[PDB]
Amino acid sequence: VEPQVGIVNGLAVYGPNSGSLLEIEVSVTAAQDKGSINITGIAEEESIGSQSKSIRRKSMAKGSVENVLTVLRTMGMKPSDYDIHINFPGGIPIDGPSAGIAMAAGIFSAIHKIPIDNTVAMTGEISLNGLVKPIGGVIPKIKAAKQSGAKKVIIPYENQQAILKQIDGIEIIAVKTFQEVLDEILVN
Amino acid sequence: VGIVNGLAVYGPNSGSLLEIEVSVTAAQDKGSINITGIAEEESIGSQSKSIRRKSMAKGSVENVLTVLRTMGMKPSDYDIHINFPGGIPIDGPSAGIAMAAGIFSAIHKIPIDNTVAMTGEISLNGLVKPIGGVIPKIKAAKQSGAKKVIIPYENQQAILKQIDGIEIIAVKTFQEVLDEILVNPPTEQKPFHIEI
Ligand SMILES: CC(C)C[C@H](NC(=O)[C@H](Cc1ccccc1)NC(=O)c1cnccn1)B(O)O
Ligand SMILES: CC(C)C[C@H](NC(=O)[C@H](Cc1ccccc1)NC(=O)c1cnccn1)B(O)O
Ligand code: NA
Ligand code: NA
């Protein structure tokens, strides 16, 4: 209907050739106390195991949020000033590092009250130095964005391939940096 | 945000170079250590008896902080975030000297030679302890375009002398790692110079 504050279109893949678009929602309020970060709708922990051994870690999605908050501090924001809540609606259990640029964009937008273009979808792992790192399932993700009525899709520079140029009816933007993501999507 | 070139082995003979990211900022509150990209806990055994422990990676981070403390740094003055990039859980004690160098470099600003990769467990006294997969690690350092690789002294063996096209530096201490990888910082608009 409109560009909007703290709503960003992310992308997911389930197995080789099955992509989808998720409408990630970000709320930022002046902190009650020390500031906080909460996420609804993500894996909190992953376990990988064999017969006799297994490891457990905080999820790549939760790790991704911590990278995002470190990047926003290097850019001169103070996330400790805010209680921040990110919501992946629907109740679907999602994981992975590839929503890093989308959550970062969502928080930036919510903090600055600058709406994000609703015609854009994006996928991109974020590094602590603001670089956009390659992701999985970029073709099914682009087709999901198109299939959903997105005019544009932001992908990491290193996911660029010749075959992408053969896709019609959606603008594919390759980015190296989170600043380039903000340039592409923020409205005024 | 500084980069240190760490090394990993996956199966008997495959190595990779990891660009480990280290962010160190003035503490927002009581200071903090956060690591992304690692195993945090390991369970070993069966139904009948199993143990659970902090991962080797997490233990390695605790040893790093103790060493920096014994060297007169106060890691609790900082919020420290180390990111091991991508989407594989990494584990092991062998990134001890990489994480310690990355934090050192970030605290003092004295930046890290980007042509150097390294592997080594760190002890509390700051000795560099032997690691596994030293040969595939060296080969992966070479393939990534590293000109130098730091290894533990006790990993030195005759056959490494057969490896061409990379300088292999054996170290006994963390101070030696820092002697070898730290570059003279820039000199412009400084009241004095720091030389290594
Ligand atoms: C937080 C989410 C949206 C990030 C994206 N996740 C996914 O695409 C993941 C697949 C993935 C890819 C790489 C690493 C781990 C898991 N997909 C899902 O979680 C998923 C998709 N559809 C239904 C239910 N779950 B990304 O890493 O590709
Ligand atoms: C923190 C990491 C980088 C330290 C290094 N780890 C690895 O090489 C470990 C194997 C290992 C070796 C010794 C003890 C435990 C596990 N490798 C990995 O975790 C690994 C390697 N390639 C891709 C993804 N993960 B080291 O202990 O050799
Ligand atoms: Na994504
Ligand atoms: Na290593």
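Heads up: chain A is whatever sequence line comes first, chain B the next one, etc. Note that chain A carries the PDB entry numbering, so the residues on display, from first to last, are 348-535. Going by the PDB entry, the residues shown for chain B are 352-547, listed in order. Both counts, for ligands and for their atoms, begin at 1 and track the order of listing. Heavy atoms only: backbone and side chains are in, while hydrogens, waters and symmetry mates are out.
In this structure, the drug found at ligand 2 is bortezomib. Measured by close contacts, the chief partner of bortezomib (ligand 2) is listed under the PDB entry as Lon protease 2. Chains with a heavy atom under 4.0 Å from bortezomib (ligand 2): B. Nearest protein heavy-atom contact of atom 7 (C) of bortezomib (ligand 2) is B:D442 O, 3.5 Å.
Residue-level proximity to bortezomib (ligand 2) for B:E472 is absent, since no heavy atom of it falls below 4.0 angstrom.
In terms of UniProt domains, the contact of chain B with bortezomib (ligand 2) runs mainly through Lon proteolytic.
For atom 28 (O) of bortezomib (ligand 2), the closest non-hydrogen atom of the protein is B:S445 OG, 2.2 Å. In this structure, the protein non-hydrogen atom closest to atom 2 (C) of bortezomib (ligand 2) is B:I441 CD1, 3.4 Å.
Residue B:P444 places a heavy atom less than 4.0 Å from bortezomib (ligand 2). Of the protein's non-hydrogen atoms, the one nearest atom 8 (O) of bortezomib (ligand 2) is B:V360 N, 2.9 Å.
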